[PDB]
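Structure note - diethylstilbestrol present.
Protein chains get the first letters and strands the later ones, always in sequence-line order, with residue 1 at the start of each. Counting starts at 1 for both ligands and their atoms, following the listed order. These values consider heavy atoms only, across backbone and side chains, with no hydrogens, waters or symmetry-generated copies.
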Number of protein chains: 4
Amino acid sequence: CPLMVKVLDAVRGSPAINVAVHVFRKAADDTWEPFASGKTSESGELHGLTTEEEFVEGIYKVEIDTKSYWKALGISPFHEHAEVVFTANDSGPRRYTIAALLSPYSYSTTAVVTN
Amino acid sequence: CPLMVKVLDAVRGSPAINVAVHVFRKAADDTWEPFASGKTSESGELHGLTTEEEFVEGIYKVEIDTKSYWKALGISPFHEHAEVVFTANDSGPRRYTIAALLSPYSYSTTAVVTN
Amino acid sequence: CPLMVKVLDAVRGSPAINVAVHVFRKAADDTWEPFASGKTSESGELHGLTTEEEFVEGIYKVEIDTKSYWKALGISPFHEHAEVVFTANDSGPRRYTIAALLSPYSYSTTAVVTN
Amino acid sequence: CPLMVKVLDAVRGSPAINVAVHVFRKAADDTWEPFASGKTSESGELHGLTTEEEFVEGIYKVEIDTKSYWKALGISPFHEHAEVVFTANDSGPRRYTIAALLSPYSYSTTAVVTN
Ligand SMILES: CC/C(=C(/CC)c1ccc(O)cc1)c1ccc(O)cc1
Ligand SMILES: CC/C(=C(/CC)c1ccc(O)cc1)c1ccc(O)cc1
C-alpha cells in the first residue's frame, strides 16, 4: 500500500467516514487521467487504492469529496472538494500517507512520505 | 474587492511574499478558464483580483503556486500547488477571503465570507 | 502595537467575534502573571494589548477562550481554551501576530513576526 | 489505551520522533498535577500514557515539547510547546487521540474521541 488517505472531521472529533476519494494522474497530453478511487472506512482511512507496480512516477491529484461529505451530514460547506497535487516516486518508490482534516469552511492537509 | 487571497509561511513565520496565484472559473464544458491572477504583496496579500461586476456566481478554482515559492527559498516542497475550489453564491453582500498557511509538506486553508 | 491576536472561525467561515483573550508573562517563580487581555473585535482582531515599552523579552502565554465562544454559538466544544506559549526575543524591530483558526475539536495557530 | 498522542512534522513530511509529552491533570486546588509523560516512537505515536482506571474525569493538559524537538533538529522555533487542554470522561470513559502537526512557527491539533 504505497498510497493511503486518512480523513478526520474537526466538527465532530471523529474519523470522516464514507468520504469519496478520486485519484488522477497527469497524462502525456497534460490532462488528468483517472487513476484510482475509493471511500474511507469507519476509521477514516482508505487503503488499497493502488499497488507498487501501478503507482509509477508521475504527478498525481488526490481529490477528497468534502462537499458530498458535509451535505450528507445536512451541512452546506464552502469547498467543492479538497485537492492534494504532488509529484510521486521521482526518486524511487515511496509510501505516501495523505491526511486531511475537515471543517465546513476550512481544510488542512499534510503528507507523510516514508521509504 | 469581492475576492482576496492571503498567504502566510509557517516555516519562517512571515507573510508568503511574491507567491503566484491563479484564479479560474468553471466553464459550461467543465473546463477551467483563466479568470484572474497576481502575486502576493509584501504583506502576503493579493487584492484587486476582480470586481463585483465580474465576480458572478459560479465555481472557482484558486491555485497558489507553493512549489515555486519554496524553491525560491531553497526549501524542498511536496505539493505542486495549493488548490481551493468553491462555489460563489449570492447571499446578500459578501466578500470572500481565501487564506492559506504554507509548510513544505502541508497546507491549511480557510474561507472568510463577510458582509 | 508589538502584539496582535487574530481569530477566525472554521465552521461559520467568519471572524471569531467577542472572543476573550488573556495574555500572561512568566514570572521569576515560574508562575504566570496577568499581562494584558481583551476581546476580539468584529474583524476577529484584538489590538492595543500592549506597548513597545511594556513588551519586554520574556516568556508569554496567550490564552484564547474558545470554549465560551463555542458555547455562545450553541456548538459543543472539545478544548477548554487555546494556548500559545512563546518567548519574545529582541531581534531588530518586530511585531508579533498570533493567528488562530478555530473548529470545535481542533485549532491551528501560527505566528507572523515582521519588521 | 484511553489516551494516545500522535505528532507529525510538516517540514520533513514524517512522524515527529522522540518528542517529549507531559500530561497534567487539574487538582482540587486548581493547580496542574503531573499525570503521565512519555516520548513519541518512530511512528510519531505515544501509547500507554495511562489506563482506564487511572484516567478519571477531570481537566487535562497535554503539553507537547515542540521547542526541544525543533532544537534537536538544529532549528530555532517560535513556540515553547504545544498545549491541548480539555475536560475528559465527563459523560463516561472515552478514548482520546490527540494529534498535532508541527512547523517551526505554527502548530495544529485535533482530537478524535471514540466510545
Ligand atoms: C486563522 C486563519 C488565517 C490563517 C492564515 C492564512 C490560517 C489558515 C489556516 C490555518 O490552519 C491557520 C491559520 C488568517 C486569516 C486571515 C488573516 O488576515 C490572517 C490569518
Ligand atoms: C497530525 C496530522 C494528522 C491530522 C489529522 C488529519 C492533521 C492534519 C492536518 C492538520 O493541520 C492537523 C492535523 C493525523 C495524521 C495521522 C493520523 O492517524 C491522525 C491525524
Partner of diethylstilbestrol (ligand 1) with most atom pairs under 4.5 Å, per the PDB entry: Transthyretin
Find all other chains that place a heavy atom under 4.0 Å from diethylstilbestrol (ligand 1). B, C
Shared residues: UniProt L-thyroxine-binding in chain B, heavy atom under 4.0 Å from diethylstilbestrol (ligand 1): B:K6, B:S108
Can you tell me if D:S108 contacts diethylstilbestrol (ligand 1) (heavy atom of the residue under 4.0 Å from the ligand)? no
Under 4.0 Å to a heavy atom of B:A99 - the qualifying atoms of diethylstilbestrol (ligand 1), by number: 6 (C), 15 (C)
Can you sort out which atoms of diethylstilbestrol (ligand 1) are near C:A100, meaning under 4.0 Å from one of its heavy atoms? 1 (C)
Report the nearest protein non-hydrogen atom to atom 20 (C) of diethylstilbestrol (ligand 1): residue, atom name, distance rounded to 0.1 Å. B:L8 CD1, 4.1 Å
Would you call C:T110 a diethylstilbestrol (ligand 1) contact, heavy-atom distance under 4.0 Å? no
Tell me which protein heavy atom sits closest to atom 18 (O) of diethylstilbestrol (ligand 1), plus the residue, atom name and distance to 0.1 Å. C:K6 NZ, 3.4 Å
Can you tell me the protein heavy atom closest to atom 8 (C) of diethylstilbestrol (ligand 1) and the distance? B:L101 CB, 4.0 Å
With a cut-off of 4.0 Å on heavy-atom distances, which residues and nucleotides contact diethylstilbestrol (ligand 1)? B:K6, B:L8, B:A99, B:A100, B:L101, B:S108, B:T110, C:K6, C:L8, C:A100, C:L101, C:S108
Short N or O contacts of diethylstilbestrol (ligand 1) with protein, under 3.5 Å, listed by atom name?
unit_1	atom_1	unit_2	atom_2	d
diethylstilbestrol (ligand 1)	18 (O)	C:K6	NZ	3.4

